[PDB]
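Model: 3C-like proteinase / ligand boceprevir (bound form).
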Protein chains: 2
Amino acid sequence: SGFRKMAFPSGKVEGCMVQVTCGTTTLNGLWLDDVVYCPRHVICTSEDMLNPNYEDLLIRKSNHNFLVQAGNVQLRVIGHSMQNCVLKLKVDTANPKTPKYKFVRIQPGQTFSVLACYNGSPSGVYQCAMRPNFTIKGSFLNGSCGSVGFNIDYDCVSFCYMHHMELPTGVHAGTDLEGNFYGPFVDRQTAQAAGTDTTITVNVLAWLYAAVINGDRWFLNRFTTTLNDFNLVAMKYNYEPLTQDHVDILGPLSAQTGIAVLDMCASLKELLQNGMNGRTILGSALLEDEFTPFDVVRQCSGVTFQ
Amino acid sequence: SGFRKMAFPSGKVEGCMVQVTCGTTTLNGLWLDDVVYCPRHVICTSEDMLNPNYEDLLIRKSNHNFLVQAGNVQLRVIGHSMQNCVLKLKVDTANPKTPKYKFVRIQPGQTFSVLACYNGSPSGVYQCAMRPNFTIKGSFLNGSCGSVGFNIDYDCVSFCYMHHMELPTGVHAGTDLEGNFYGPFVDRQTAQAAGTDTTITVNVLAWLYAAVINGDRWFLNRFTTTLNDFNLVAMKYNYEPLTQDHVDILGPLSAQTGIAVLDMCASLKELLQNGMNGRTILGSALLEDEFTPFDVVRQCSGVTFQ
Ligand SMILES: *[C@](O)(C(N)=O)[C@H](CC1CCC1)NC(=O)[C@@H]1[C@@H]2[C@H](CN1C(=O)[C@@H](NC(=O)NC(C)(C)C)C(C)(C)C)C2(C)C
Ligand SMILES: *[C@](O)(C(N)=O)[C@H](CC1CCC1)NC(=O)[C@@H]1[C@@H]2[C@H](CN1C(=O)[C@@H](NC(=O)NC(C)(C)C)C(C)(C)C)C2(C)C
């Protein structure tokens with residue numbers, strides 16, 4: 001038993017990380033087949049960041065200005081192109097460690113693993129949720145740009161995030177692997193706002209299920225609610241509305257525990273209205289929303305990866 | 001910026017995980033050079049677990065009764081021996097993915113990464129602290145025995161933990177890689193108690209430093225304390241005593257923030273006596289003790305690994 005926030009094993013992604021240098025800027029790239037993907041602001045000086053014309057800046061660069069290094073070994077750059085907010089560098093060698101992969105656009109409320117890298121060298125791995133306001137709460141210092149997010153389905157790596165920037169209070173923003181930002185952000189050092197965020201209700205319920213599965217059940221009560229009644233409570237507490245689609249997704253956890261989703265909702269309602277009264281659930285004194293239903297099913301059933 | 005509980009990249013350890021089967025029991029093994037290490041209770045039936053004589057049980061087994069599989073490929077077992085609570089299976093092939101490694105005995109209050117595996121297949125990675133009572137709070141289902149804990153110093157993997165058993169409330173126990181249990185535990189399904197645990201004070205202070213470094217500073221106050229005065233407070237709250245050795249270890253974080261350790265102690269004292277008043281620190285509503293000083297320095301300075 002036990003329930004922990006868990007990342008995917010990172011080995012398949014470690015084999016794809018490279019260092020990309022353009023002039024004075026060193027950040028990370030992702031090497032898959034004969035292409036290296038990295039944030040396009042690798043081409044910028046500090047002053048360019050304030051108001052960049054990326055088309056004009058990239059015109060000043062040639063293949064030989066992009067220094068790509070895979071471990072100690074230099075890659076030869078034979079082409080370059082900009083796709084949205086990423087740069088793609090064509091190299092003369094296919095990465096012999098290329099895993100089976102896809103590029104996916106993750107939905108708000110879903111999770112992924114981040115392999116934080118510096119100078120093309122993997123530092124550590126952690127899980128993130130894509131917040132409803134299209135930000136993540138990660139750990140990214142200067143040098144981490146180009147670090148990626150991913151999920152692993154058996155042997156296939158689905159890349160979903162590349163790190164670009166930070167917003168006030170350690171809030172992080174980035175792109176899919178086609179260079180499209182999640183959310184309203186642009187890659188310019190100028191005032192920008194993230195939306196109001198909201199709590200991912202289906203994820204809170206999944207985590208309460210995880211708690212019951214792990215024997216932490218003090219918060220279960222004699223009550224029930226309706227979808228409508230729960231949703232009036234969700235709206236007062238800045239929780240996203242619960243839908244029948246979410247009830248259906250919670251089915252495996254309802255079946256494992258025998259606790260109907262609307263009875264677990266009545267527990268959640270009492271925890272929102274009354275607080276935790278100094279008690280903890282799965283070692284937390286707050287209601288946790290960064291575990292998806294799949295995350296709880298996968299962990300509380302033991303799925304693995306080749 | 002940002003501060004997250006982060007595991008080491010797991011690729012070097014993924015390349016060492018195998019499946020070990022003896023009769024009806026399948027669990028994980030660790031393949032380094034031409035040896036596979038696994039928990040010795042792989043040899044037990046369910047009934048044997050209740051009161052095993054491991055010497056007598058192992059005598060009934062030959063090399064060809066240990067089925068070792070590395071991916072889809074079978075290893076040949078050419079010798080077996082028991083060392084404390086592990087079995088060592090000599091195989092006829094050195095693991096070609098063997099990293100630079102050491103076996104270390106971790107101290108209480110230190111952290112390590114766990115690569116949770118099932119059937120020899122890596123499932124996920126998370127960080128654990130060795131509690132002062134020589135247990136860990138992990139996520140281990142049936143099939144996870146033999147999963148290991150480790151740290152990475154640049155390119156060298158220091159293995160420190162192998163998973164064996166669970167105690168009430170999802171508390172986990174296991175051995176070093178010489179098969180010596182951490183704590184008082186024995187590998188028998190009979191009543192056993194873990195000691196009273198205590199909170200790792202130096203780790204709480206490191207995490208308050210992490211909070212200040214990340215701009216979360218509402219809990220800083222106009223007060224100071226002494227080592228003696230703080231320690232009377234630590235004892236009332238089941239915190240380990242703070243020593244000058246711990247003050248010295250916190251030096252890099254004191255220097256980064258300009259906040260003397262005894263001034264941060266005065267903040268900790270007020271948080272213990274008054275609680276958090278419904279506020280959070282680095283996204284937590286509890287005081288966190290599973291980050292070492294090195295963990296905070298490494299993350300809040302960006303150290304990486306080859
Ligand atoms: C990466 O490029 C990298 N080299 O690692 C970097 C990570 C940050 C963490 C400190 C350096 N990303 C940026 O520097 C990024 C690039 C400029 C400025 N960036 C920011 O993240 C800035 N944020 C920002 O201006 N926020 C708003 C837009 C005002 C809310 C920093 C002030 C953190 C540097 C661009 C192109 C956005
Ligand atoms: C592993 O062997 C494995 N196959 O994965 C297993 C992990 C646990 C998680 C459920 C199965 N470890 C054990 O089964 C372990 C082996 C027997 C019994 N074990 C226990 O962990 C038991 N705990 C226990 O008896 N606790 C005390 C000692 C009474 C406090 C379980 C009841 C969880 C099975 C031995 C040799 C200790």
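Quick note on labels: first sequence line is chain A, next is B, and so on, each numbered from 1. Whatever order the structure lists them in is the order used to number ligands and atoms, beginning at 1. We use all heavy atoms of the structure for the numbers below, so side chains are in, but hydrogens, waters and symmetry mates are not.
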Item to check | Other-chain contacts of boceprevir (bound form, ligand 2), heavy atoms, cut-off 4.0 Å | outcome: B
Next on the checklist: Out of curiosity, which residue and atom connect to boceprevir (bound form, ligand 2) through a covalent bond, if any?
Outcome noted: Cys145(B) SG
Next on the checklist: I'd like to know the organism the PDB gives for chain B, please.
Outcome noted: Severe acute respiratory syndrome coronavirus 2
Checklist entry - What residue and heavy atom of the protein are closest to atom 22 (C) of boceprevir (bound form, ligand 2), and at what distance? => result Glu166(B) O, 4.1 Å
Next on the checklist: Looking at atom 34 (C) of boceprevir (bound form, ligand 2), tell me if a protein heavy atom falls under 4.0 Å from it.
Outcome noted: no
Checklist entry - Of all residues in chain B that touch boceprevir (bound form, ligand 2), most belong to which UniProt domain? => result Peptidase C30
Checklist entry - Does at least one non-hydrogen atom of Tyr54(B) fall below 4.0 angstrom from an atom of boceprevir (bound form, ligand 2)? => result yes
Checklist entry - Looking at atom 13 (C) of boceprevir (bound form, ligand 2), what's its closest protein heavy atom, distance included? => result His164(B) O, 3.7 Å
Checklist entry - What protein heavy atom sits nearest atom 27 (C) of boceprevir (bound form, ligand 2), and how far away is it? => result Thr190(B) O, 3.9 Å
Next on the checklist: Give me the nearest non-hydrogen protein atom to atom 25 (O) of boceprevir (bound form, ligand 2) as residue plus atom name, then the distance to 0.1 Å.
Outcome noted: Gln189(B) CG, 3.3 Å
Checklist entry - Hey, is atom 31 (C) of boceprevir (bound form, ligand 2) touched by any protein heavy atom at less than 4.0 Å? => result no
Item to check | Active-site residue (UniProt) of chain B nearest boceprevir (bound form, ligand 2); heavy-atom distance | outcome: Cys145(B), 2 Å
Checklist entry - When you look for heavy atoms under 4.0 Å from boceprevir (bound form, ligand 2), do you find them on the side chain of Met165(B), its backbone, both, or neither? => result both
Next on the checklist: Counting non-hydrogen protein atoms only, what is the nearest one to atom 4 (N) of boceprevir (bound form, ligand 2)? Give residue, atom name and distance.
Outcome noted: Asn142(B) OD1, 3.6 Å
Item to check | Closest approach of any protein heavy atom to atom 3 (C) of boceprevir (bound form, ligand 2), naming residue and atom | outcome: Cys145(B) SG, 2.7 Å
Checklist entry - What residues sit within 4.0 Å of boceprevir (bound form, ligand 2), counting only heavy atoms? => result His41(B), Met49(B), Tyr54(B), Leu141(B), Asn142(B), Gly143(B), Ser144(B), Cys145(B), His164(B), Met165(B), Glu166(B), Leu167(B), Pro168(B), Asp187(B), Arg188(B), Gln189(B), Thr190(B), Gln192(B)
